[PDB]
Amino acid sequence: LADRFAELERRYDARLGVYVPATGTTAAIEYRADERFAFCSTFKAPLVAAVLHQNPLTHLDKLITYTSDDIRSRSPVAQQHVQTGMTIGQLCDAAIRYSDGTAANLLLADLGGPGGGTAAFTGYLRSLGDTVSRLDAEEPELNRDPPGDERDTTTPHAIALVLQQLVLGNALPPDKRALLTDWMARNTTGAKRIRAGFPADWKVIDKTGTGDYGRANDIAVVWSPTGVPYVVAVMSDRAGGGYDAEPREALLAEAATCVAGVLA
Ligand SMILES: *C(=O)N1C[C@H](NOS(=O)(=O)O)CC[C@H]1C(N)=O
Ligand SMILES: [Zn+2]
Ligand SMILES: [Zn+2]
């Protein structure tokens, strides 16, 4: 599978990272799995988990007020609710299903402490056993770190294990686990990434990320028709093309098609 992935890199003029944890009956899959890639919006999934972890469910009903000023990035939802504000739960919802920039920042602020909550967020990843990932900026900055910069990066290996713990493990109590899972299930932004590479009778829930330098990611939990779960982390960028390099969704879809062929 190493050969096919390399071929995808040259076919799409990109760097590709894949990680699929091993299961009782499937070997792990690994390609540049320990190389660093920018999070982009993929961090919003563990972010919601952080918020859920730190509070009882009733916190979800806490209304957050904000102004026009508090919108500095792509925020499809937060733009619509400026006059009323949004509850923590709505911000969680906006962050996973619409990748809303302000929603993510308001949740970072909810976590508390330095860096507008980025330190607390990294701390939470550390508490999960993730020694690799780091978040240093908020939106939109965190998507604009150049190649080579370590700020706001994870690895496929690291983020896959994190997602596994959160969705399939017991990092959260079942109630909180179901909310995170449910939100991810109702996301549609990933229809052309991992979802496109798996057969349509599989279940796929995911969180995407996109950025400069041809950056496109997708992190997913997938279930076979028989109810057999897997975790799939696919990350890419095209630094060779500079800031404006186009991201390629189809690279991720093809990568996923290879993964699916092995697991099916
Ligand atoms: C997250 O990566 N971002 C927020 C928004 N949604 O893109 S996503 O659906 O791929 O997550 C726009 C792109 C990106 C950003 N803030 O640049
Ligand atoms: Zn924990
Ligand atoms: Zn490791």
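Numbers here are sequence positions counted from 1. Note that ligands are numbered from 1 as they come in the structure, with each ligand's atoms numbered from 1 the same way. No hydrogens, no waters, no symmetry mates; every other heavy atom, side chains included, goes into these values.
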Participant: Which drug name is given for ligand 1 in the PDB records?
Facilitator: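 It's recorded as avibactam (bound form).
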Participant: Just wondering - which macromolecule does avibactam (bound form, ligand 1) hug the most here, in the naming of UniProt?
Facilitator: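 Most contacts go to Beta-lactamase.
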Participant: For avibactam (bound form, ligand 1), note which part of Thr210 has a heavy atom under 4.0 Å away: side chain, backbone, both or neither.
Facilitator: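 It is both backbone and side chain that touch avibactam (bound form, ligand 1).
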Participant: Short list, please: which atoms of avibactam (bound form, ligand 1) are under 4.0 Å from a heavy atom of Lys207?
Facilitator: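 Selected atoms, number and element: 11 (O).
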Participant: Let's see which UniProt active-site residue of chain A is closest to avibactam (bound form, ligand 1) - and the heavy-atom distance, to the nearest 1 Å, please.
Facilitator: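 Rounded to 1 Å with heavy atoms, the UniProt active-site residue is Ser41, 1 Å.
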Participant: Just jot down the avibactam (bound form, ligand 1) atoms closer than 4.0 angstrom to any heavy atom of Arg74, in number order.
Facilitator: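 This gives 12 (C) as the contact atoms.
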Participant: Report the residue and atom in covalent bond with avibactam (bound form, ligand 1) in the deposited model.
Facilitator: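 The covalent attachment is at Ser41 OG.
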Participant: Name the source organism of chain A according to the PDB.
Facilitator: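 Going by the PDB entry, Mycobacterium tuberculosis.
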Participant: Using distance alone, decide if avibactam (bound form, ligand 1) has a nitrogen or oxygen within less than 3.5 Å of any nitrogen or oxygen in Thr42.
Facilitator: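 No; every N/O pair is 3.5 Å or more apart.
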Participant: Among residues of chain A listed in UniProt as binding substrate, which lie with some heavy atom under 4.0 Å from avibactam (bound form, ligand 1)?
Facilitator: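 Applying the heavy-atom cut-off to the UniProt set, I get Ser99, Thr208, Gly209, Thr210.
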Participant: Which residues define the site around avibactam (bound form, ligand 1) at a heavy-atom cut-off of 4.0 Å?
Facilitator: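 Counting heavy atoms, the site comprises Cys40, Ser41, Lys44, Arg74, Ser99, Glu139, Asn143, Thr189, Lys207, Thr208, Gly209, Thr210.
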